[PDB]
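Heads up: the structure comes next, in structure tokens.
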Amino acid sequence: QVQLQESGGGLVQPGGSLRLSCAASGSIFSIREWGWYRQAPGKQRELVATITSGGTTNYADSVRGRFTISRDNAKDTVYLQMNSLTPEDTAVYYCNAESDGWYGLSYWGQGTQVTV
Amino acid sequence: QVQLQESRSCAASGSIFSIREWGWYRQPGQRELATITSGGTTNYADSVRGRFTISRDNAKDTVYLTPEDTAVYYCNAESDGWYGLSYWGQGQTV
Amino acid sequence: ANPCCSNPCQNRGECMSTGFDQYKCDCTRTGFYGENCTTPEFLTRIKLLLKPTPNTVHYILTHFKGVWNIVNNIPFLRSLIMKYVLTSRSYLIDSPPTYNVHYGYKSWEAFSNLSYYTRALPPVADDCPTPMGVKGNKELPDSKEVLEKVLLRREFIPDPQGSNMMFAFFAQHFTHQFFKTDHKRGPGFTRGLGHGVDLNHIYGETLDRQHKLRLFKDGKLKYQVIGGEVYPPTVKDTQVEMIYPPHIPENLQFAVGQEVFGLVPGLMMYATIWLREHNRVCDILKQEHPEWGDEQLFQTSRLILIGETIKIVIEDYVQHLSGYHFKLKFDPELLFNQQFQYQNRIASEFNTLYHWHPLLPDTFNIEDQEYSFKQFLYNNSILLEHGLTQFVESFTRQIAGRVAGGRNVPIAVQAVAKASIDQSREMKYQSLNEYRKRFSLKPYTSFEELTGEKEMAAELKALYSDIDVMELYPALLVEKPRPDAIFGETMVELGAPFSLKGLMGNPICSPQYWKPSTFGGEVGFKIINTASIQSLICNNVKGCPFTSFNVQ
Amino acid sequence: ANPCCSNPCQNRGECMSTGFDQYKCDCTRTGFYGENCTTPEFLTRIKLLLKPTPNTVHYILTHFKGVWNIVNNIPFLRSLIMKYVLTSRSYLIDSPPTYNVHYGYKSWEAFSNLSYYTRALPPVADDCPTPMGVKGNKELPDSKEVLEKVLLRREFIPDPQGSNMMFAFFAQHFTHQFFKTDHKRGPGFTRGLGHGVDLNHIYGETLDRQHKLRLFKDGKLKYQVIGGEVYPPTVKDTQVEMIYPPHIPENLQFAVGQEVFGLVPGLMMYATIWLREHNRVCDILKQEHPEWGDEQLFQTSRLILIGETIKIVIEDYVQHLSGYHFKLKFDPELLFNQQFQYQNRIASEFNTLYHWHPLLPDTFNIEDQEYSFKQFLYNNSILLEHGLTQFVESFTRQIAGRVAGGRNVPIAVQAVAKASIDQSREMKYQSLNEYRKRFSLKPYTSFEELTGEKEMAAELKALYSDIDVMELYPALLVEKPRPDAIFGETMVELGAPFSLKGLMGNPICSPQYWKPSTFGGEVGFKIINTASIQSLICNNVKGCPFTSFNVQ
Ligand SMILES: *[C@@H]1O[C@H](CO)[C@@H](O[C@@H]2O[C@H](CO)[C@@H](O)[C@H](O)[C@H]2NC(C)=O)[C@H](O)[C@H]1NC(C)=O
Ligand SMILES: *[C@@H]1O[C@H](CO)[C@@H](O[C@@H]2O[C@H](CO)[C@@H](O)[C@H](O)[C@H]2NC(C)=O)[C@H](O)[C@H]1NC(C)=O
Ligand SMILES: CC(C)Cc1ccc([C@H](C)C(=O)O)cc1
Ligand SMILES: CC(C)Cc1ccc([C@H](C)C(=O)O)cc1
Ligand SMILES: *[C@@H]1O[C@H](CO)[C@@H](O)[C@H](O)[C@H]1NC(C)=O
Ligand SMILES: *[C@@H]1O[C@H](CO)[C@@H](O)[C@H](O)[C@H]1NC(C)=O
Ligand SMILES: *[C@@H]1O[C@H](CO)[C@@H](O)[C@H](O)[C@H]1NC(C)=O
């Protein structure tokens, strides 16, 4: 099993920056893909950024360029660097991990609030 | 290098892979020889070939052990090879 | 930038840069010479003129059934042909191994570091202008478009070779012992340091995991009883690390050698069968050796089960997959007067080609139920309620999916199927045609020749432009199959060398191990040499149901 | 209690208990049959009748120099003889390996666990009534009495073969890469997980250590300059773990691949020469490949130095030790048409027999100084003061001690020589005569035949009583030497199979590695195939002083 714990969220003004951290522990060997997702009040959860164990990154159109996802393998931490935070980026940001194999489990964090 | 700290205990740390033999020595007014090898071979002074036998806890890197027994007991570790270093602990009444 | 980016050296010649803008080919022992190892030596010309194509040999092995029946009953002739199969397949595998994902040249790091999957072909260098070297566009096509256009299942296509779900779950269970990707490091790394058939998926990869799984009495493994039947023990009783979703109660957290086997009931079926087989061999060996202790009983039973595994994989599993009318044989003695390296390193490309996602059916049919993926996954009470006997009977009857031919990846597994495409790109795999040449196959000259049809080929040509930059993994799934076969040419001619080398490379096949006393005497030796998928199920499943890897 | 304690099975047959009081021998492929594998098959009778003794072959190889000079100049004949040497020696080594200190029977634990030294003979079971099996007393004789009576040096006995201190420190430096006992677990365990000639004593056993030792420019290793001369870097600059006494200043804590090499200036001599050789090969490769990066420069240089090491060990080191007039040859191609396993596992008995304590002289004679053990040990300022050139000149002139013949262990190393006896007992070694039969040697029938004299023999008889209870290690040091030789029959006939197997078992000798492109091209390939101890010193020691392993 893999445990995920987000941090780094908070209240900022337009144009500010914020680095989200996702600390992972447990069966890290099984995680083929890491991801960041956000859920604004009243709207569906949407993809923000993903990175595979091999380093393939993908971003949503609305965040590409000003958001950056990366993994620190030594610290088992997936970071999401957010810049140029417009008020439309206000949501609960969740960390996600996808396991290898067609049977693989999906893991989700507890979320961290980003109000801008 | 191997650090020995005494405290029935000799806590060892460091280059434990190099220590072929552990030993207990006691010394008021010469130092005299229990020893155990990394393979478990034990030797004893005839005077003490009775109580307290020596043993090592490999998981904890610790070597364990009448008024004539009053002395300062020291822990010792001997290294492999003819070049090997000797290590001594800091060392007390009955 | 690199002079070797175009892969100029042919016939297993090796490219070396000799400056910023020129290369040199090492044609040593290729049978060829010249600038790119394309001028054949005289003896090479004769051998090439007389060598039949794989498709021609496959035809001979899949026809003339009456002639093969005579051959199968002449032991000297059966041994001669099996020996040639072993030696010719083994010649295609570098052993000791060479490249890996980080080393396109031979290095002591690539040889010594067992955490890497090895590589049959070196990776494309980072400074090459295109993903495949120099050909093709700057970027490969969107793998999501490749997946949806030619890979995803529309209607279920059954395997015309009749592969059933006993076969599908056996392939999954068996290969999960040497395909153990360490994603903490990357898709090119593995946790299976044994690099082969050591049965770590039964006994654990590490000694402390093995000891937690062992009973330490009579050499047996720990077990529990549920409804009068033997099953693996619990995580609570063993403290064994397993992967379970948080809703699984402790009563159902089974502890087995491989930590993901509790996630699919089809794998827990085989995990239970093999655990029973271990304890059964302990009972047999204890009767033969009342003077033996627990440790020797355990170690000898493990060596016997390894032998049983290789025996079953060759004469039942590969036998079915091949479709040959020739009776394959597990016989280590065939290699004793031959040159052969008793060692193996698991190749990344072997892992990649084994992603047989189209095998999976649309539902898992047990008795009269048709379980969906959502219902079947993680639900081991399905196994307990129906019983092991019923699982064997049902999965023997249920047809599996054809792997080649295209458009048979079930939509439920589309995310991991796309991952298999992407992971190949992350590891800088060379193209399909480079791998075809590496295994003595003629390069495909078009997408239509690859698929044998028109519709998927046009889709692929619009996405890839050039057949020489088509990728290995999606090509395996859309390849034109052999007539009424599950696979195309590329799957067999790559998978077979990796497969047989991994089986015979095992140390128990070496002459100093392949003797009766290694397995506790003639009785234990006979357990190996008479093993089969039917006897495995018959001895360990109540009622001794009929089973095979083919539907009847 | 164990019915195999008496070692009843002969000719490499394997003993298996069949009940509490009965055994059966597995004579598979031994060439014999019958209850104890003592009845030879028809062809075995012929091969045994035609086989000459090691002493007969040793005489032929050490005489008829004019004939061997002709033979050495016929390449076809030289190759054929060297091929027979390699193949016949390798036949004596189990590969894949079998037993270790914990397993007297074959098991997956003993095969797969690389932390063990392997065992050419299984350990004596713990329930056997005597240390050697069933023969002898309940306890072996006091190892201190054995040491004092027949092992300790009275007067320094020089090696009649002329082995010098360049040889002695080369032997120590070379073997310290694969004899790396992990005493935290016990004398039967090793930290050299490569189990062979990987040059980890230069590059480090682990990637982390290697990366701290590397400059990461031009493929080179880090270094410092002391008086205009290149030396290994300091611990402070690299932060690698080394073993130094608490009085060594920081500026004298050299950082090298092996953590004990700073404890003796003789080892630091070879560590410096080999570090210079690596960076010298980096310069050559960089001139050949200006397009190469640091990583490939480093890895290719390491493969070249591995080849240089094997070349020197065969054609200089083993050439000198053998005393043969036949010129040995390092040629991996000799094995390409043979059956040979390109793998190796280091044997505990190989380690034990390599405890050549009598080699050490009474003093270390450098220039006009004669340093004692206390003055020489840990004092690397001796190397900086005299310089590398003077070290080579002096140690080429200083004679080393005779290993066989008895009574030549210097009193300064009494403790480690006694530990070599005791560790053999800790690992439950079988007797000398069991090891002689294991390597096709006639067992000794008395202590006088073992020693070739009467005084030491009588001491040994009083201590051991029965020649079949004599121990392997002390026998090696007291054995009758060959005429004017450093060793006796048991040392060579055990040490040669281990040596050659460990040398040719390296993957760089396999056909897919043994090609010019592996080593950066013909320039790099030629560095291996022209290497010698003299060229190694000439290229890396100021002034190019003459050197060899024999005093002139
Ligand atoms: C096998 O190779 C891998 C890949 O280089 C090594 O893992 C690296 O280890 C170093 C030092 O421990 C780290 O700085 C890197 O970040 C690691 N890389 C990855 C991708 O994990 C591994 O240490 C090697 N194994 C051995 C036994 O040397
Ligand atoms: C190789 O064998 C050794 C010896 O059995 C293993 O070391 C032991 O590890 C277990 C648990 O990890 C401990 O309980 C023992 O006390 C250890 N024994 C010694 C002597 O250290 C080692 O784990 C094995 N290696 C592998 C990779 O399994
Ligand atoms: C994975 C698959 C390729 C396994 C497989 C299938 C067929 C064969 C036959 C014996 C052959 O070598 O042609 C071997 C291995
Ligand atoms: C350790 C020692 C025995 C090294 C050694 C000495 C001599 C020989 C010759 C070539 C032989 O094989 O007889 C090989 C190895
Ligand atoms: C699991 O299967 C059982 C049948 O034994 C069924 O009752 C239960 O609803 C299933 N649970 C899920 C989550 O599918
Ligand atoms: C070995 O075999 C012989 C018969 O050839 C038998 O007499 C003897 O008892 C057996 N055992 C031993 C230890 O010699
Ligand atoms: C160290 O060696 C030097 C010679 O270079 C010598 O003068 C000095 O006395 C030695 N020191 C010790 C402690 O032996």
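Naming: A, B, ... by sequence-line order, numbering from 1 per chain. Header says: X-ray crystallography, 2.2 Å. These values consider heavy atoms only, across backbone and side chains, with no hydrogens, waters or symmetry-generated copies. Counting convention: from 1, in listed order, for ligands and their atoms alike.
The drug seen at ligand 3 is recorded under the name ibuprofen.
Of the chains near ibuprofen (ligand 3), the one making the most contacts is recorded in the PDB entry as Prostaglandin G/H synthase 2. At a heavy-atom cut-off of 4.0 Å, the other chains in contact with ibuprofen (ligand 3) are listed as C.
Taking distance alone, with nitrogen or oxygen atoms compared against 3.5 Å, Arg89(C) approaches ibuprofen (ligand 3) more closely than that limit. Counting protein heavy atoms only, atom 6 (C) of ibuprofen (ligand 3) is closest to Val318(C) CG1, 4.0 Å. Looking only at heavy atoms of the protein, atom 1 (C) of ibuprofen (ligand 3) is closest to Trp356(C) CZ2, 3.8 Å. In this PDB entry, no covalent tether of ibuprofen (ligand 3) is modeled. The atoms of ibuprofen (ligand 3) that sit less than 4.0 Å from any heavy atom of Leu500(C) are 12 (O). Regarding atom 3 (C) of ibuprofen (ligand 3), its nearest protein heavy-atom neighbour is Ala496(C) N, 3.3 Å.
Among the UniProt-annotated substrate-binding residues of chain C, those with a heavy atom closer than 4.0 Å to ibuprofen (ligand 3) are the following: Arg89(C), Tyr324(C). Across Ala171(C), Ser322(C), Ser499(C), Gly323(C), heavy-atom proximity to atom 4 (C) of ibuprofen (ligand 3) is greatest for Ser499(C). Here's the thing with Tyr324(C): one of its N/O atoms is less than 3.5 angstrom from an N/O atom of ibuprofen (ligand 3).
Lab note: closest UniProt active-site residue in chain C to ibuprofen (ligand 3), heavy-atom distance to 1 Å, was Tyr354(C), 4 Å. Residue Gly495(C) has at least one heavy-atom neighbour below 4.0 Å for each of these atoms of ibuprofen (ligand 3): 3 (C). The shortest contact between atom 2 (C) of ibuprofen (ligand 3) and any protein heavy atom is with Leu321(C) CD1, 4.1 Å. For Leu61(C), no heavy-atom contact with ibuprofen (ligand 3) is shorter than 4.0 Å.
Neighbouring residues of ibuprofen (ligand 3) under 4.0 Å (non-hydrogen atoms) are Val85(C), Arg89(C), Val318(C), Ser322(C), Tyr324(C), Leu328(C), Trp356(C), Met491(C), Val492(C), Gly495(C), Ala496(C), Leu500(C).
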Do any nitrogen or oxygen atoms of ibuprofen (ligand 3) lie under 3.5 Å from a protein nitrogen or oxygen, and which ones?
unit_1               : atom_1 : unit_2    : atom_2 : d
ibuprofen (ligand 3) : 12 (O) : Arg89(C)  : NE     : 2.8
ibuprofen (ligand 3) : 12 (O) : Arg89(C)  : NH2    : 3.4
ibuprofen (ligand 3) : 13 (O) : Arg89(C)  : NH2    : 2.7
ibuprofen (ligand 3) : 13 (O) : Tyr324(C) : OH     : 2.4

